[PDB]
Amino acid sequence: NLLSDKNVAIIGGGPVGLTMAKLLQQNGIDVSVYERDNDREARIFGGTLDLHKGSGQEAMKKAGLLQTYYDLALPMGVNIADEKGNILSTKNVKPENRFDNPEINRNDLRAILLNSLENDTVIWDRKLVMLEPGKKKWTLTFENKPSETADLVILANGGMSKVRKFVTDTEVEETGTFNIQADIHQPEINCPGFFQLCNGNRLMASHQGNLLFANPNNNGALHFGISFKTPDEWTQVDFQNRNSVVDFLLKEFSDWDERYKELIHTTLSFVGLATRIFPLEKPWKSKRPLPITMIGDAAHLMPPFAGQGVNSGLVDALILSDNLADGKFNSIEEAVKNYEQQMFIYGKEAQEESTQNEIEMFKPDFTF
Ligand SMILES: Cc1cc2nc3c(=O)[nH]c(=O)nc-3n(C[C@H](O)[C@H](O)[C@H](O)COP(=O)(O)OP(=O)(O)OC[C@H]3O[C@@H](n4cnc5c(N)ncnc54)[C@H](O)[C@@H]3O)c2cc1C
Ligand SMILES: CN(C)c1ccc(O)c2c1C[C@H]1C[C@H]3[C@H](N(C)C)C(O)=C(C(N)=O)C(=O)[C@@]3(O)C(O)=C1C2=O
Ligand SMILES: CN(C)c1ccc(O)c2c1C[C@H]1C[C@H]3[C@H](N(C)C)C(O)=C(C(N)=O)C(=O)[C@@]3(O)C(O)=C1C2=O
């Protein structure tokens, strides 16, 4: 055990950081997770996640959590519709595929992971602001909270991580598309037409450079996403002002059936976010003052257009913890290096599929 008298600090308790903690902890490795969120009941904004066979489900299997993911997750059909609300295609989940990639709510998934860990593995209300290599141990600075030390830092703190410099100088880039996401509670009441259009399935529609995506049943809330090429004029919409978002969306969707509009009218608040990528373009720094690495979105943030986001992040966790558990390597540095080499290959494959899908979707005639 390379980590025998040592401790690991995982930065970020997202699905990836928590899975990592779990895989380490079951091999007797001393690990803490430092998480920005105030407490375990903070709501996680966003849609559902789905775990794939051969990747995310493998990580959950190794964690002893796969059945638990199954119990909480929900297989979903997919309806493809036009802007007029015609159903162009309906694909239901066949009994035999119910386990392929059922949708799970992000708080549900967090709860499964947190529960699997020993008490006080996760330290809440810990926003890592700075890292500093000492002689043997990293010193870790948390906003308005005591400092901590660790022999190995694993950054799992998401695609906007600000603390990556000791691993790489690569920066996040905007890919050119933009996403507006929102929730509607009691959608059966609040967007009845649209809710009926989804009819228990996820829904996707495409028209004139505007893509709309919806999951009508994220623990009872409807989550939708509207994606388009970032307008040249952008910024000119303020996401704190629902009126300017509504104005923009109604103009973009003026062509769409009234049920889609009702969706935009009824939404209380929208989150706007530019699609981004942390490109696995150049190798990471091969000289590092102490052992440090990155997994999940911190390592390979990619556009959310291929479902590869969480799954490749779960694989990282699986590959890194395997490496770190086995006296298969001479040093933590070697265990990390070997993990990073593998991740560059499947990571880069996932990024290319995300990028390619993103391009393919936003061309003049896209048809799902
Ligand atoms: C709009 C959108 C839709 C998406 N849809 C999908 C999808 O359908 N399927 C899919 O696979 N992927 C999707 N993705 C990506 C997916 O959500 C992430 O890949 C997934 O959550 C795994 O990421 P992670 O654990 O590596 O990082 P995150 O989920 O981002 O978690 C990072 C964690 O670190 C914490 N943190 C951040 N800063 C600090 C700090 N300084 N100190 C301590 N903690 C910190 C955060 O609070 C968070 O808990 C989507 C992304 C976006 C933006
Ligand atoms: C073959 N066996 C009778 C059946 C029949 C119908 C089923 O729907 C299922 C099984 C086996 C079990 C294996 C169990 C196992 N475990 C007891 C939790 C298990 O770990 C697996 C697995 N793939 O490792 C499952 O798929 C599993 O979670 C599962 O989803 C099953 C399952 O869905
Ligand atoms: C159609 N498109 C190419 C694909 C292909 C494979 C996929 O696995 C997926 C998509 C679309 C994207 C839509 C994105 C959307 N957005 C870009 C984040 C989105 O808002 C939703 C949603 N339900 O609200 C998704 O389903 C979504 O997260 C998702 O899970 C997708 C997804 O899983």
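We're sticking with the PDB entry numbering for chain A, so the shown stretch reads 12-245, 249-382, in order. These values consider heavy atoms only, across backbone and side chains, with no hydrogens, waters or symmetry-generated copies. In each ligand, atom 1 is the first atom listed, and ligand 1 is the first ligand listed.
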Note to self: Quick one: do you know the drug at ligand 2?
What the structure shows: minocycline
Check: Which macromolecule does minocycline (ligand 2) make the most contacts with, named the way UniProt names it?
Finding: Flavin-dependent monooxygenase
Check: Which other-chain residues or nucleotides lie under 4.0 Å from minocycline (ligand 2), by heavy-atom distance only?
Finding: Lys72, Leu77, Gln78, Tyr81, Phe110
Notebook entry, point to check: Do protein heavy atoms approach atom 29 (C) of minocycline (ligand 2) to less than 4.0 Å?
Noted result: yes
Note to self: Help me out: which residues of chain A, per UniProt substrate-binding annotation, have heavy atoms under 4.0 Å from minocycline (ligand 2)?
What the structure shows: none
Notebook entry, point to check: When only distance counts, is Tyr81 in polar contact with minocycline (ligand 2), meaning an N/O pair under 3.5 Å?
Noted result: no
Notebook entry, point to check: Any protein heavy atom lying closer than 4.0 Å to atom 18 (C) of minocycline (ligand 2)?
Noted result: yes
Next item on the list: Identify the protein heavy atom lying closest to atom 8 (O) of minocycline (ligand 2), giving its residue, its atom name and the separation to 0.1 Å.
Entry: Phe110 CZ, 3.4 Å
Next item on the list: Specify whether the nearest protein heavy atom to atom 33 (O) of minocycline (ligand 2) is under 4.0 angstrom away.
Entry: yes
Next item on the list: For atom 14 (C) of minocycline (ligand 2), find the nearest protein heavy atom and state the residue, atom name and distance (0.1 Å precision).
Entry: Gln78 NE2, 4.4 Å
Notebook entry, point to check: Can you tell me the protein heavy atom closest to atom 22 (C) of minocycline (ligand 2) and the distance?
Noted result: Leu77 CD2, 3.9 Å
Notebook entry, point to check: Atoms of minocycline (ligand 2) less than 4.0 Å from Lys72 heavy atoms?
Noted result: 23 (N), 24 (O)
